Novice: 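Structure provided below as structure tokens; questions to follow.
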Amino acid sequence: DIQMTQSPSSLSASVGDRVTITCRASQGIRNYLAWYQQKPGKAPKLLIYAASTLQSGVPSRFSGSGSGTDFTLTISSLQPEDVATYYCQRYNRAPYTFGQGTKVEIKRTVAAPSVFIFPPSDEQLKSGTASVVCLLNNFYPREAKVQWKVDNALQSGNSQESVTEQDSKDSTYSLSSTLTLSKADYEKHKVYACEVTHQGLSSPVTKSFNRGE
Amino acid sequence: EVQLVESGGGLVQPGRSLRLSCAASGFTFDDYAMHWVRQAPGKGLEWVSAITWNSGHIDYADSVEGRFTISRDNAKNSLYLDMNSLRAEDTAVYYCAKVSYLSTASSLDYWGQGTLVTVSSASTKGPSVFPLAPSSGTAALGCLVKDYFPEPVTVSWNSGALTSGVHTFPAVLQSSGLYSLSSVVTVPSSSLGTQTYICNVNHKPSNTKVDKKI
Amino acid sequence: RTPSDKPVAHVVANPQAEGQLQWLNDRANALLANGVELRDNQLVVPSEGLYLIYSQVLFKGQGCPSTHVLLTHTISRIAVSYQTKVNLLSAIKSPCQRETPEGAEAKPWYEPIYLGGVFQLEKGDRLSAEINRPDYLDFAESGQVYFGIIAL
């Protein structure tokens, strides 16, 4: 039994804005509740225990409250490094269950991506596979639209995006579309371009390259 | 200071088994209960089990009891988790956590870095490392890490001597069933005749290191 | 389970029973044999005799609030003749002395209470182990709260 339910599931906010995350227990747990911060890929860190006591070495903008069933984690002045996922935990009493989590993300002004394309290496070509790589770098907001063109013909089918997490200083993202054809298909074509539409871009930006420069 | 070093992770055939380890240091290990907490990829945190300081009481999850066995050597300052009859739902990064104050019912005050456990009847593949070399104000280069299984690989640059402007991207599962990565760095359009860049890649599952020039 | 014909019970608390002290017999090293029975949450005596009765309870909390809460633990006899009830064993405990760390920081506090003694009881007498604040109990680990008797 026991359900730890945190609302909201996601939130965006402005640096400096104060942020509020809530936790409701399906049965009272006194103050046996802790908040954990977890940054992308990293190990989670304890922020608050006993509902309200800041862990030593944890910035004081963080605060907690509540006894019984309803609890509240508060960041009085959101910060670029505060970008993480936060989890409440019950600790009375096993099982020591965690809320589903809450992602925290940021304001910042719009930021156009810097686009770079990379041609496959020779060791790659040697192998029999060819991989062209368009990089969009340090943009904001998250939503972009890469487009791969060959000889100005759209190439749909052999590409894959991947996006970093919101950076902890600049609060931006970076993204990577990737083209992969059989070396054979790599050679039915001469000019390789990747077009990129972002909001920080007035107009789509292409970065082409001729196969064999 | 407090360190919780995990080990034991890796690929494993479903039905088989694994013994995770967690080596503690920097605190009198004998005075604390410990916890295991897993995190399936993209999914959230999920408590797994706990053990008191003297091993006298043990709790597991409305989800295991019969399969896993938390244990503890205090002379070796170590926490163990023996997992048995593994299925894909056990595939997750496993953390050990030191409790805050004695009892199992206390906050998880310090965590290890995790150790991933991948349940699959596949097989490890070392990665093919290629250079993302710059084009012909600011310019960009990086390592394309290709065709590996299972996760993780770790990319460092000049063995640590380069941390800024670095972006190691989330791994992508290809239609091949294999992964591919790339990390990239943005560097001064100048400091290039004067400097050449190295991307230090570790795949511990396949037991392969590859340093690389771009 | 078990040789010895001496009526016995060592019972243990239900952790998954919020808001009260419930005694579980169907567990671990828990006992309940030779005629003793657990019924309206009370230990029931099968024979006239001398009986050692004991109980321990373990209270806990983090930090201190409203000036004062006092914890107590008692063993009552409710009798087949004396259809009424009386304390055989009692104890009160005071944790955190108002303190209210309103500066900051809330520490774990734990307060155990032990009751033991020998009593003469009659067939069908019902023994009762009670506390005032069940919500301050520690349900987290094994040998922590329990209630036992044995015929001598």
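Chains are named by letter, beginning with A, in the same order as the sequence lines. Sequence positions for chain A are given in the PDB entry numbering; the residues included correspond to 1-213, in order. Since chain B takes its numbers from the PDB entry, the residues it shows come out as 1-136, 142-219. Quick note: numbers on chain C are straight from the PDB entry, i.e. 6-157, in order. Determination method: X-ray crystallography, 3.1 Å. Basis for what follows: all heavy atoms, side chains included, without hydrogens, waters or symmetry-related copies.
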Novice: Which drug is recorded at chains A and B?
Specialist: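 It's recorded as adalimumab.
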Novice: Which macromolecule does adalimumab (chains A and B) make the most contacts with, named the way the PDB entry names it?
Specialist: Tumor necrosis factor
Novice: Considering heavy atoms only, which residues of chain C lie within 4.5 Å of adalimumab (chains A and B)?
Specialist: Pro20(C), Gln21(C), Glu23(C), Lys65(C), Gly66(C), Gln67(C), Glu110(C), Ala111(C), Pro113(C), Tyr115(C), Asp140(C), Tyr141(C), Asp143(C), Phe144(C), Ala145(C), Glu146(C), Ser147(C)
Novice: Which residues in adalimumab (chains A and B) have at least one heavy atom nearer than 4.5 Å to a heavy atom of chain C?
Specialist: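 Heavy-atom contacts to chain C involve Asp1(A), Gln27(A), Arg30(A), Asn31(A), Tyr32(A), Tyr49(A), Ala50(A), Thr53(A), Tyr91(A), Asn92(A), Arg93(A), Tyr96(A), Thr52(B), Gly56(B), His57(B), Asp59(B), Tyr101(B), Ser103(B), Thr104(B), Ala105(B).
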Novice: Most of the contacts with adalimumab (chains A and B) on chain C come from which UniProt domain?
Specialist: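 The majority fall within the UniProt domain THD.
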Novice: In the PDB record, where does chain C come from, organism-wise?
Specialist: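 The organism in the entry is Homo sapiens.
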